[PDB]
**Q** 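Quick one: structure with 6-thioguanine.
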Amino acid sequence: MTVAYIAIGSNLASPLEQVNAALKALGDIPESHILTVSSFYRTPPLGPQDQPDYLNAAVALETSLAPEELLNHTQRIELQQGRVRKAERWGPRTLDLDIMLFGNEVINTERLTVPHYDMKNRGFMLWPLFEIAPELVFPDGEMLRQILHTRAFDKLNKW
Ligand SMILES: Nc1ncnc2c1ncn2[C@@H]1O[C@H](COP(=O)(O)CP(=O)(O)OP(=O)(O)O)[C@@H](O)[C@H]1O
Ligand SMILES: Nc1nc2[nH]cnc2c(=S)[nH]1
Ligand SMILES: [Ca+2]
Ligand SMILES: [Ca+2]
Ligand SMILES: [Ca+2]
């Protein structure tokens, strides 16, 4: 099995309820087990700012699924939690499940790019990741602890 790390976000339809429901759904993904759940953080919106604050979190999920198979399940869960596509880039959503990392794999398919392209620039991804995996090393050898020591990210507040 491989340890995948999934970023969770919600800013619509009661984010705490959406995230708790998503965690239960993540538990039902086949060939997979949740290892660790982060704290929940209240985060200002990235992109357009005319939307509610997000609940952001992270989960470690060990799995024997193929990377795109895991994506099939995360997309399914988003859709089943009423996620509807709107035109607005980075606009509000009931649930976002991004695959941040899939072990040490570097994946570039039509549907999937891992590591997540912007995660090293987002405190709302890196802080919950550090909470659950403080010893993490990226596929390029960069240490999570070193990024968080060196780069300025705003303080992240718990939900
Ligand atoms: N690592 C990854 N995790 C989840 N989806 C990914 C992905 N890499 C590529 N994708 C693709 O990204 C597509 C669009 O997803 P969106 O949720 O609309 C982007 P977003 O999460 O709002 O922005 P962001 O990636 O800047 O955080 C999905 O349909 C999926 O095919
Ligand atoms: N804080 C935050 N802002 C966003 N804008 C679009 N998606 C997001 C998520 S998931 N979190
Ligand atoms: Ca399972
Ligand atoms: Ca996202
Ligand atoms: Ca997404």
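We number each residue from 1, following the sequence as shown. All heavy atoms count here, side chains included; hydrogens, waters and symmetry mates do not. When a ligand or atom number is given, it counts from 1 through the structure's own listing order.
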**Q** Which numbered ligands or lettered chains belong to 6-thioguanine?
**A**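 In this structure, 6-thioguanine can be found at ligand 2.
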**Q** In this entry, what is the main binding partner of 6-thioguanine, named as in UniProt?
**A**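 It is bound most extensively to 2-amino-4-hydroxy-6-hydroxymethyldihydropteridine pyrophosphokinase.
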**Q** So, at a heavy-atom cut-off of 4.0 Å, what does the binding site of 6-thioguanine look like in terms of residues?
**A**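 With heavy atoms under 4.0 Å, it is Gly9, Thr43, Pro44, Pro45, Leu46, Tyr54, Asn56, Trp90, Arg93, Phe124.
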**Q** Just need the protein heavy atom nearest to atom 5 (N) of 6-thioguanine, so name the residue and atom and give the distance.
**A**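 Nearest protein contact, heavy atoms only, for atom 5 (N) of 6-thioguanine is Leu46 O, 2.9 Å.
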**Q** Of all the atoms in 6-thioguanine, which lie at a distance below 4.0 Å from a heavy atom belonging to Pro45?
**A**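 Listed by number with element, the hits are 3 (N).
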**Q** Output yes when the distance from some N or O of 6-thioguanine to some N or O of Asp96 is under 3.5 Å, and no in every other case.
**A**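 No, no N or O pair falls under 3.5 Å.
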**Q** What protein heavy atom is closest to atom 10 (S) of 6-thioguanine, reported as residue, atom name and distance in Å?
**A**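 Nearest protein contact, heavy atoms only, for atom 10 (S) of 6-thioguanine is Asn56 ND2, 3.4 Å.
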**Q** Which 6-thioguanine atoms does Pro44 reach within 4.0 Å, using its non-hydrogen atoms?
**A**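 Numbered from 1, 6-thioguanine contributes 1 (N).
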**Q** Any idea which protein heavy atom is nearest atom 4 (C) of 6-thioguanine, and the distance to it?
**A**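 So the nearest neighbour among protein heavy atoms is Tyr54 CE1, 3.4 Å.
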**Q** Between the protein and 6-thioguanine, are there any N or O atom pairs that come within less than 3.5 Å of each other, and if so, what are their names and distances?
**A**
unit_1: 6-thioguanine; atom_1: 1 (N); unit_2: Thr43; atom_2: OG1; d: 2.9
unit_1: 6-thioguanine; atom_1: 1 (N); unit_2: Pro44; atom_2: O; d: 3.0
unit_1: 6-thioguanine; atom_1: 1 (N); unit_2: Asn56; atom_2: OD1; d: 3.2
unit_1: 6-thioguanine; atom_1: 3 (N); unit_2: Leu46; atom_2: N; d: 2.9
unit_1: 6-thioguanine; atom_1: 5 (N); unit_2: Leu46; atom_2: O; d: 2.9
unit_1: 6-thioguanine; atom_1: 11 (N); unit_2: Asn56; atom_2: OD1; d: 2.9

